[PDB]
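Beta-lactamase OXA-1, liganded with oxacillin (bound form).
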Amino acid sequence: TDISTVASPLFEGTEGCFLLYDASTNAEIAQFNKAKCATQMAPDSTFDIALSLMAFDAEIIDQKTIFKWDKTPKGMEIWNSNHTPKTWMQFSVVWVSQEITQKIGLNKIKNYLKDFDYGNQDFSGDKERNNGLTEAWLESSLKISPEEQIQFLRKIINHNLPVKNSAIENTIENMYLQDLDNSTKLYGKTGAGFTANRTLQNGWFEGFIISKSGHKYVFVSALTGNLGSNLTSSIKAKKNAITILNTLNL
Ligand SMILES: *C(=O)[C@@H](NC(=O)c1c(-c2ccccc2)noc1C)[C@@H]1N[C@@H](C(=O)O)C(C)(C)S1
């Protein structure tokens with residue numbers, strides 16, 4: 001299951017990793033760089049997957065929800081508009097995530113984190129800033145490893161979390177991206193950020209694959225590296241995942 005021959009060149013210049021597991025059997029299908037796989041880091045926008053489960057479970061959104069933009073610039077042009085739960089997921093609209101956390105509230109988020117067994121469960125935010133409610137998952141206190149993300153994703157698709165079944169399937173639906181070359185279906189989510197107080201970038205791309213073979217899988221592509229001042233780490237993590245998945249017979 002060592003796929004280093006293919007994955008190494010794709011992750012050159014970074015500390016990267018890749019994991020692919022069969023969702024039903026938990027069999028490891030492919031791995032690159034287990035040491036990086038075990039290292040906890042900020043989930044960044046991949047935390048939206050957890051927030052989506054919470055929001056649907058708590059019945060504060062549905063698929064017809066329109067998140068209303070406040071007309072002020074949010075940093076990225078794609079963020080400067082109304083959104084749906086689908087486009088929230090697709091474009092990692094951070095202000096929607098923050099609207100959602102403020103609505104659920106800290107203690108209830110902590111309770112969900114405990115139910116999800118999610119990473120270090122540290123939602124305290126930045127030292128001395130009391131900003132955890134709206135920043136904890138963004139290069140801050142909350143950390144989770146690629147291996148932990150695999151098992152979280154596995155729980156989701158197997159309905160082994162104490163949330164509404166619809167909350168799970170609406171969130172999965174809203175992750176759908178495309179089909180791959182052999183028609184396998186890709187459901188995924190990016191996240192990226194700079195490491196606090198450093199120049200390093202971290203990136204993720206993770207999710208589900210549903211094969212016409214019948215098999216379902218969960219995967220995680222993640223990296224950390226000095227890639228300059230343009231945040232491209234999730235672009236790279238995504239690219240790499242798709243390249244690697246298309247080489248496989250799933
Ligand atoms: C989630 O990971 C979100 N990332 C950020 O908010 C982010 C940025 C940023 C860079 C460029 C433009 C806007 C924001 N800088 O630091 C952080 C923590 C969103 N998701 C990312 C993704 O890969 O999904 C981005 C870069 C698209 S923004």
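The first residue of the sequence shown is numbered 1, and numbering continues consecutively from there. Atoms within each ligand, like the ligands themselves, are counted from 1 in listed order. What you see below is based on every heavy atom in this structure, not just the backbone, and it leaves out hydrogens, waters and symmetry mates.
Residues in other chains coming within 4.0 Å of oxacillin (bound form, ligand 1) by heavy atoms are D44, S45, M76, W79, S92, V94, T190, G191, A192, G193, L231, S234. The model tethers oxacillin (bound form, ligand 1) through a covalent bond to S45 OG. For oxacillin (bound form, ligand 1), the atoms closer than 4.0 angstrom to any heavy atom of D44 are 2 (O). Taking distance alone, with nitrogen or oxygen atoms compared against 3.5 Å, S234 approaches oxacillin (bound form, ligand 1) more closely than that limit.
The residue in chain A annotated by UniProt as active site that sits nearest to oxacillin (bound form, ligand 1), with heavy-atom distance to 1 Å, is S45, 1 Å. Atoms of oxacillin (bound form, ligand 1) found under 4.0 Å from any heavy atom of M76 (numbered from 1 in listed order, with element): 11 (C), 12 (C), 13 (C), 14 (C), 28 (S). For oxacillin (bound form, ligand 1), none of its N or O atoms has an N or O atom of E139 under 3.5 Å away.
Not a single N or O atom of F194, backbone or side chain, sits closer than 3.5 Å to an N or O atom of oxacillin (bound form, ligand 1).
Counting protein heavy atoms only, atom 28 (S) of oxacillin (bound form, ligand 1) is closest to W79 CZ2, 3.3 Å.
Applying the 4.0 Å criterion to heavy atoms of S92 picks out, from oxacillin (bound form, ligand 1), the atoms 19 (C), 20 (N), 24 (O).
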Short N or O contacts of oxacillin (bound form, ligand 1) with protein, under 3.5 Å, listed by atom name?
from	atom 1	to	atom 2	distance (Å)
oxacillin (bound form, ligand 1)	2 (O)	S45	N	2.9
oxacillin (bound form, ligand 1)	2 (O)	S45	OG	2.2
oxacillin (bound form, ligand 1)	2 (O)	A192	N	3.0
oxacillin (bound form, ligand 1)	2 (O)	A192	O	3.3
oxacillin (bound form, ligand 1)	4 (N)	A192	O	3.3
oxacillin (bound form, ligand 1)	20 (N)	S45	OG	2.8
oxacillin (bound form, ligand 1)	20 (N)	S92	OG	3.4
oxacillin (bound form, ligand 1)	23 (O)	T190	OG1	3.4
oxacillin (bound form, ligand 1)	23 (O)	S234	OG	2.5
oxacillin (bound form, ligand 1)	24 (O)	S92	OG	3.0
oxacillin (bound form, ligand 1)	24 (O)	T190	O	3.4
oxacillin (bound form, ligand 1)	24 (O)	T190	OG1	2.6

